[PDB]
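Since the structure comes first, as C-alpha cells, the remarks are kept for the end.
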Amino acid sequence: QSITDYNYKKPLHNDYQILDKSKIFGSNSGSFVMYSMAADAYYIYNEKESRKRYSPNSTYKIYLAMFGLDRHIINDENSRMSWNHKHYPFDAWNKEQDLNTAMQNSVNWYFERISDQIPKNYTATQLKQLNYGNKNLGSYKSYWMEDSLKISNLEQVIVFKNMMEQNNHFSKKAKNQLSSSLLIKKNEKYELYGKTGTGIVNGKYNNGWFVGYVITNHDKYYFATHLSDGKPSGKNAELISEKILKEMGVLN
Ligand SMILES: *C(=O)[C@H]([C@@H](C)O)[C@H]1CC(SCCNC=N)=C(C(=O)O)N1
C-alpha cells in the first residue's frame, strides 16, 4: 500500500558472501539466500532481486501453522479437520486432513479455516514481532495469496531463522510439530525441511518459492529460493534449491 511495501532495505549487519548461481537458474529469474548458523553468515545470489518483496503464497502456511499451534486451534494430540464436502480438482484435498497431510499437499482450505479463527490484532502483533515483510494485512482475507502481504527472499530466511532459533513466545513443542510437518527428506547426512509456494495470475505462474532449512551433523542452514520469471513455479524453485544446496556441500 505504501512506498516501502515492495522492498526490504534494512542493511545486513552480518558477514555475507555473494554467489553466482546463474547457470542453475538458467532461463528463470530470481534469487537464492542461505544462512549458516555456525558461520552466522549469509550467502546470496542476486542481492538486489532478493530484497524485492513478493506475495508469500503457500509459504505463509508455515506461519499459519505456527499461529494455529500457538492459539491451540490445532495441537499435538489432534490436528485433524474434516473436509466440508466441497469438491476440489485435486483428490488429496477432498478428504480429512491433519497438519502433516495439509502441509505436504498444500491444502488451502485447511489453512484458510485456521486463518479465519485468528483475530486481526493477533496477526498484526505477530507480523510486527517477527518482522514479516511489509506486514500489510489489507482486507484480512486470503491476504497471503497474491494480495497485500509481501515479503522478500532475503526476509524469508531472516524471519524463519529468528522465529525458530530465538527463545520467543512460541513453544518448543509447537516448533517441533511444525518441523515434523515440513520434513521432506532425511538420510545419514541431512534432514531437509521446507515448503513450496506458487502464485498463479490469469493462468500463468507468476511467483515461485521454496523456503526451508537443512540440518546436517555439522551445521543448520536456513534457505530460500524465489522465482519471479521464466517458469516461476514452487516445484521449479524446489529443484533449483536442491541443485544449489548440493553444489554448496550442504547435502552431504
Ligand atoms: C500455494 O502456493 C498455492 C496457493 C493456492 O496459495 C497452493 C497450490 C500448491 S500445490 C498442491 C497441488 N495439489 C496437491 N494435491 C501450492 C504450492 O505449494 O506450490 N500451494
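Numbering of residues begins at 1 and proceeds along the displayed sequence. Order of appearance sets the numbers: ligands from 1, and atoms from 1 within every ligand. Only heavy atoms go into these numbers, but all of them, side chains included; no hydrogens, no water, no symmetry mates.
The drug placed at ligand 1 in this model is imipenem (open form).
Contacts with imipenem (open form) are greatest for the chain named in the PDB entry as Beta-lactamase regulatory protein BlaR1. Around imipenem (open form), within 4.0 Å by heavy-atom distance, are found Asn57, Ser58, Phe90, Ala92, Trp93, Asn105, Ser106, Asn108, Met145, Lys195, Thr196, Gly197, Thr198. Atoms of imipenem (open form) lying under 4.0 Å from at least one heavy atom of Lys195, given by number and element, are 18 (O). For atom 10 (S) of imipenem (open form), the nearest protein heavy atom (residue, atom name, distance) is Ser106 CB, 4.1 Å. Among protein heavy atoms, atom 18 (O) of imipenem (open form) sits closest to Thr196 OG1, 2.7 Å. Between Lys61 and imipenem (open form), not a single N/O pair is under 3.5 Å apart. Scanning the protein heavy atoms around atom 15 (N) of imipenem (open form), the nearest turns out to be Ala92 CB, 3.5 Å. The nearest protein heavy atom to atom 8 (C) of imipenem (open form) is not closer than 4.0 Å. What the model shows is a covalent bond from imipenem (open form) to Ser58 OG.
Annotation: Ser58 places an N or O atom under 3.5 Å from an N or O atom of imipenem (open form); distance criterion only.
Scanning all protein heavy atoms for the shortest distance to atom 5 (C) of imipenem (open form) gives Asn108 ND2, 3.0 Å. In summary, the atoms of imipenem (open form) found under 4.0 Å from a heavy atom of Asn57, numbered by their order in the structure, are 2 (O). Of all protein heavy atoms, the one lying nearest to atom 19 (O) of imipenem (open form) is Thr198 OG1, 2.6 Å. The protein heavy atom nearest to atom 14 (C) of imipenem (open form) is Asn105 O, 3.6 Å.
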Imipenem (open form): which protein N/O atoms lie under 3.5 Å from its N/O atoms?
from, atom 1, to, atom 2, distance (Å)
imipenem (open form), 2 (O), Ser58, N, 3.0
imipenem (open form), 2 (O), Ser58, OG, 2.3
imipenem (open form), 2 (O), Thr198, N, 2.7
imipenem (open form), 2 (O), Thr198, O, 3.2
imipenem (open form), 6 (O), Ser58, OG, 3.1
imipenem (open form), 18 (O), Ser106, OG, 3.3
imipenem (open form), 18 (O), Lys195, NZ, 3.0
imipenem (open form), 18 (O), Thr196, O, 3.1
imipenem (open form), 18 (O), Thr196, OG1, 2.7
imipenem (open form), 19 (O), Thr198, N, 3.3
imipenem (open form), 19 (O), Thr198, OG1, 2.6
imipenem (open form), 20 (N), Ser58, OG, 2.7
imipenem (open form), 20 (N), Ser106, OG, 2.8

